[PDB]
Structures are given as structure tokens and as C-alpha cells.
J.: 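I'd like to talk through a structure of bortezomib (bound form) bound to Alkaline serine protease.
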Amino acid sequence: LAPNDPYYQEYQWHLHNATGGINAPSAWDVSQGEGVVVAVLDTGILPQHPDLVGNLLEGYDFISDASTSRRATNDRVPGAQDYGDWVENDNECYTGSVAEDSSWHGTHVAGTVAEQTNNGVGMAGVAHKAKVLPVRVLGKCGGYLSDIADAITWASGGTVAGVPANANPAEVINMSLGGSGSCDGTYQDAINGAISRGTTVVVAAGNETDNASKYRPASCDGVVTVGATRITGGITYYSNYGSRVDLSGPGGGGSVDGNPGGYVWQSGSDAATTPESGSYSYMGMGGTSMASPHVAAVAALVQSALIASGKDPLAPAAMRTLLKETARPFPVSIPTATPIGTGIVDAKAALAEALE
Ligand SMILES: *[B]([O])([O])[C]([C][C]([C])[C])[N]C(=O)[C]([C]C1=[C][C]=[C][C]=[C]1)[N]C(=O)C1=[C]N=[C][C]=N1
Ligand SMILES: [Ca+2]
């Protein structure tokens, strides 16, 4: 499938480039992810983005701190509206931090997963007939482990005290988020719960040019840890590495690769603070954050295709095995001391092997 989205051909190398893309055009002849739900645990979403409307569920906001959520109370509430995670001053978050505009990171990531495709608008997405379940866990200066842990539980169909039962348990969780430290019991237990319910958990390796073993949830057991490659098919300057990294997806090499080649392109906003301070747009972002949702979406394509053939969905361990075994070996040599898994996720190869 060559979809008709106006910016797809020029911008979205990460979908269709022969060295650095995930073989999406061929995959899309087989599956678009229909009937699957991917939970995006992130900064929230702009739910009326014209290129997302139709592929989103209401979701929920798990941030239990008014200052972080920019909401009026510390309550968790239905919906996942991103209120903006901007920070006006240097050093507000940690000693050393610098002021940043609102990321709309969750809307970008959600676009990689399920941006409306072949609709003659904006950009394409990978699992563009799936639904995204947005689960807002990050706000101003980030979020809290307890919020993220309960979000994992709820997203995967587990019970959380204080939140109504999830009517849309997700086959796949994407966490384009993390921080320093080995995986603790809190993360690991929530993740083990999701896995026990059949949910595959896909996470960003991190962007510290460091061993993924030193970060969480990257270093958690049972997860798919995703490094980042360039348009060239080689390691990005920022990607974390190590034996824990399972495979890579396109994350974008940044300025060395230019515009558009250095960035992944999806739905977002130019708003600097509140949603109202800007308008809907398409944004180019780089990171393991962008790589992870390509892999989460491919998982969704696989689960969907199987259901369509009346076959059983893959258990998490099988999904991770399939993603690794079917990845495209890197077209550029990866240095021995910075491994980033078995290859670049290959949407077509994954589908072909699952349907054999
Ligand atoms: B990514 O953008 O590549 C990245 C991956 C992560 C595993 C290191 N995600 C983040 O940095 C997320 C989302 C984000 C929010 C705002 C600006 C840019 C990105 N954030 C976090 O995980 C986070 C944020 N603040 C504190 C701690 N962690
Ligand atoms: Ca589109």
C-alpha cells in the first residue's frame, strides 16, 4: 500500500525507506491493526487532532498531582487531554534543567502507532486501523512511578483502586518514557501483571548513549527494549545499548541526517504552553521514544492479522521472540560494545512469520 497522505512520501522515511524504514508498505497489504488496542503511556494526547480523530479511545489521566497534571485537583480523571508539559524556568525540575516548550510527545508517539492513513491528510501511521488507548502519566517535569505502575495495571486490564474497570484492555503497551535506576519491584510487579494478562510491553531503551541496564523500565524483565536507528540503518548518537536491548526501530539520527531524514514525523502541535496557545501540526522528533512505537505498532499488526485468520494471539514471550527473529539485520555495522539488538523491526517479515 502506498497511502495518499500528502506528507508521507517526503517525510516518513521511517515507514518506507529501504535501509532505515520498517517495511510498512508491504505490511499494510496484510494488516493495518484493526481490532487491536495499543495503550500509549505518555504525556497524554490532543484528542481532536484531525489526523487522529477516529482512532482514539477516551483513556484516562493517572497523574495524581495537580502541579504535574496542570489540572485543578490531584484526582485521576477520565480522558487523557495533554494540558502541556512546558516548564518556564531553568532549574525548576532538577538542578541543571533548562526551560522547555510543551512537547506534545504523547500525540507524536500515538501518531506513530495509529495516525489516520490514506485519508488525504497530513502523515501516516503504522497500525492505522488499531485504536490508541491514551493513558496520561507524564506532565510538568515528568511523573511518578506509582502513577505509571497503576497505568500499566489498568491499561492491561488489571484492577486499580479508585479507577473504573478498563473496558478496553490493551494487547500492547508502549512506554516512551524512563529514567535512571535498575527496575524496582514496583515497575517489575506491574509489568509482570500486564504480561500475565497477555499484554506485550514495549519500551524505549533511553537516549543517554549508555547501557540500558542502568535505566527503567528499559532494564525490566519481560519487556521489549527498543534502541534507535538512523535513516542509514545505523545506531543513533544517543541510543542506549547493551545486552538488554532486543531490537531497534527508526528513532532518527538528529541534525547529522538533516531535515527530514534526522526525525520521525507525526501529528502534534506548535503550541508552546497550553493547547490553546498553538494549533494542530506535524512535528519531527528524534529519540528511542519514536523507535519504541514502531515496534509496538508492529506487534499490533501481528495480533490483528492472527485474529483476522481466526488464529490465537501470541503470548508476550512469543511476540518478543518473533519481533527479534524477524528483524532486518542492520545495513551498517553496529560496534560490538554498543549492541542494539538483532536488527530493525520489519513489519512485513513479522507478519509473514506469524502467519506461516
Ligand atoms: B524520548 O523522548 O526518546 C524519551 C525516552 C525515555 C525512555 C528516555 N521519553 C521521555 O523523555 C519522556 C517524554 C518527554 C517529555 C517531555 C519532553 C520530552 C520527552 N519523559 C520522561 O520519561 C521523563 C520526563 N521527565 C522526567 C523523567 N522522565
Ligand atoms: Ca493522515
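We're sticking with the PDB entry numbering for chain A, so the shown stretch reads 1-356, in order. The basis for the numbers below is simple: all heavy atoms, side chains too, and nothing from hydrogens, waters or symmetry mates. Structure method, as recorded: X-ray crystallography, 1.9 Å. Both counts, for ligands and for their atoms, begin at 1 and track the order of listing.
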J.: I'm trying to find bortezomib (bound form) in this model - which chains or ligands should I check?
T.: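 All copies together: ligand 1.
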J.: Counting heavy atoms only, which part of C93 comes closer than 4.0 Å to bortezomib (bound form): side chain, backbone, both or neither?
T.: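 The answer is neither; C93 stays 4.0 Å or more away.
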J.: Quick check: does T43 get an N/O under 3.5 Å from an N/O on bortezomib (bound form)?
T.: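 In fact, backbone or side chain, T43 has no N or O that close.
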J.: For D42 and bortezomib (bound form), does the shortest N/O to N/O distance drop below 3.5 Å?
T.: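 No.
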J.: Please verify whether a non-hydrogen atom of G179 lies at under 4.0 Å from bortezomib (bound form).
T.: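 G179 does not count as a contact of bortezomib (bound form) under the 4.0 Å cut-off.
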J.: Between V203 and bortezomib (bound form), which residue portion shows a heavy-atom distance shorter than 4.0 Å: side chain, backbone, both, or neither?
T.: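 Within the 4.0 Å criterion, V203 makes no contact with bortezomib (bound form).
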J.: Counting heavy atoms only, which part of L138 comes closer than 4.0 Å to bortezomib (bound form): side chain, backbone, both or neither?
T.: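 Contact part for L138 vs bortezomib (bound form): side chain (C-beta onward).
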J.: For bortezomib (bound form) and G286, I'd like to know whether there is a polar contact (N/O to N/O, distance under 3.5 Å).
T.: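 No.
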J.: Using a 4.0 Å heavy-atom cut-off, say whether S289 meets bortezomib (bound form) through its side chain, its backbone, both or neither.
T.: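 Contact part for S289 vs bortezomib (bound form): both backbone and side chain.
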J.: Evaluate the 4.0 Å heavy atom contact test for atom 11 (O) of bortezomib (bound form): does a protein atom fall under the cut-off?
T.: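 Given the 4.0 Å limit, the answer for atom 11 (O) of bortezomib (bound form) is no, no protein heavy atom qualifies.
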J.: Does only the side chain of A218 get under 4.0 Å from bortezomib (bound form), or the backbone, or both, or neither? Count heavy atoms.
T.: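 Neither part.
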J.: Among all protein heavy atoms in this structure, tell me which lies nearest to atom 26 (C) of bortezomib (bound form), with the distance rounded to 0.1 Å.
T.: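 Nearest neighbour among protein heavy atoms for atom 26 (C) of bortezomib (bound form), to 0.1 Å: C141 O, 3.7 Å.
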J.: Within a distance under 4.0 Å of any heavy atom of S103, pick out the atoms of bortezomib (bound form) and give their elements.
T.: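 Bortezomib (bound form) atoms under the 4.0 Å threshold to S103: 16 (C), 17 (C).
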J.: Provide the covalent bond partner for bortezomib (bound form): one residue and one atom, or none.
T.: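 As deposited, the covalent site is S289 OG.
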J.: Which chain residues come within 4.0 Å of bortezomib (bound form), judged by heavy atoms?
T.: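 By heavy-atom distance, those residues are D85, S103, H105, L138, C141, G142, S176, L177, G178, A204, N207, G287, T288, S289.
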